[PDB]
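Chain letters run A, B, ... following the sequence lines, proteins first and then strands; every chain starts at 1. We count ligands from 1, going down the list as the structure has it; atoms in each ligand are counted the same way.
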Amino acid sequence: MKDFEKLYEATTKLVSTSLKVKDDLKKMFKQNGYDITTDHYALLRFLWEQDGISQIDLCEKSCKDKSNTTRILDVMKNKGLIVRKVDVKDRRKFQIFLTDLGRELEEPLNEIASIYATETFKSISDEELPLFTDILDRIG
Amino acid sequence: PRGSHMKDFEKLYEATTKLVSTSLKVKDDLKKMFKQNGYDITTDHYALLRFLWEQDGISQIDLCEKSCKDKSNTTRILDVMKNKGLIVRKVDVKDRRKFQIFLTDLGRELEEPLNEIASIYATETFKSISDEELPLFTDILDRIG
Ligand SMILES: O=C(O)c1ccccc1O
Ligand SMILES: O=C(O)c1ccccc1O
């Protein structure tokens with residue numbers, strides 16, 4: 001039926017497809033001169049939707065945890081993509097803002113990611129997307 | 001690139017996210033599965049042993065290709081697996097540079113009790129997914145890329 005061999009394959013494919021996809025996309029960013037990771041692009045996506053999100057919300061949005069998200073954010077700050085501000089209401093609590101460089105990169109990075117998305121999913125039909133997704137949702 | 005039937009980018013992005021967040025939630029779930037249960041063994045240790053139990057005495061080339069992955073990391077974990085006393089290297093009787101990987105005694109004894117655990121975790125992991133869905137999932141994932 002769905003014996004251990006298949007479940008182990010499934011799990012294995014899921015993890016490796018995920019890794020390949022992150023890594024191919026990062027390579028395509030680098031090929032075009034953008035030295036960013038997939039993690040940076042995801043976080044930037046949140047920020048292009050809503051500037052000045054608190055650190056705290058952003059770690060909840062992240063699909064990652066606080067220690068890993070915070071490290072990733074330091075790198076981005078170091079790359080000049082965002083700044084960190086002492087809050088207008090509080091202290092020990094920051095807001096995360098786009099720099100101009102961070103805003104400038106919406107168009108170009110989203111374009112590269114589109115190109116990468118269309119090719120990577122060319123063999124999949126539109127209608128398979130919610131099936132795939134609803135399976136992933138019910139795993140674990 | 002293009003076509004007369006394009007998918008919406010946002011949908012592909014959301015699905016890519018779901019793929020990735022789910023892979024992570026799954027690795028998290030499985031992190032301590034041997035350790036909480038009395039075997040000081042990682043996930044990576046385990047996935048390599050699966051290849052070894054299937055093909056004991058495989059070439060470190062074919063293994064690094066089996067693993068897909070980064071050779072130093074594949075190799076680096078191999079190293080802990082030597083140190084823990086799970087595997088060792090004998091040198092391939094073809095070249096003087098090509099290696100071969102072989103399970104230690106623990107390595108072979110560990111098959112049953114570690115597969116037993118992983119089976120029970122896998123079953124749990126996929127318990128709300130149906131029999132027909134499994135090869136569908138799997139076929140989608142193969143076609144991605
Ligand atoms: O990747 C693993 O080590 C694993 C563990 C338990 C069940 C399925 C799996 O692929
Ligand atoms: O969840 C992620 O880190 C991610 C990975 C690849 C593409 C888009 C993403 O949001």
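The name given to the drug at ligand 2 is salicylic acid. Of the chains in this structure, the chief binding partner of salicylic acid (ligand 2) is, as the PDB entry puts it, MarR. By chain letter, those with a heavy atom nearer than 4.0 Å to salicylic acid (ligand 2) are A, B.
Measured on heavy atoms with a 4.0 Å cut-off, the binding site of salicylic acid (ligand 2) is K22(A), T38(A), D39(A), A42(A), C63(A), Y13(B), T16(B), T17(B), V20(B).
The entry gives chain A the name MarR.
For salicylic acid (ligand 2), the atoms lying closer than 4.0 Å to a non-hydrogen atom of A42(A) are 9 (C), 10 (O). The protein atom (non-hydrogen) at minimum distance from atom 5 (C) of salicylic acid (ligand 2) is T38(A) CG2, 3.2 Å. Among the atoms of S62(A), none of the N or O lies under 3.5 angstrom from an N or O of salicylic acid (ligand 2). Nearest non-hydrogen protein atom to atom 3 (O) of salicylic acid (ligand 2) is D39(A) OD1, 3.8 Å.
Ligand-side atoms of salicylic acid (ligand 2) in range of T17(B): 9 (C), 10 (O), range being under 4.0 angstrom from any heavy atom. When each atom of salicylic acid (ligand 2) is checked for a heavy atom of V20(B) under 4.0 Å away, the hits are 1 (O), 2 (C), 5 (C). In summary, the atoms of salicylic acid (ligand 2) found under 4.0 Å from a heavy atom of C63(A), numbered by their order in the structure, are 1 (O).
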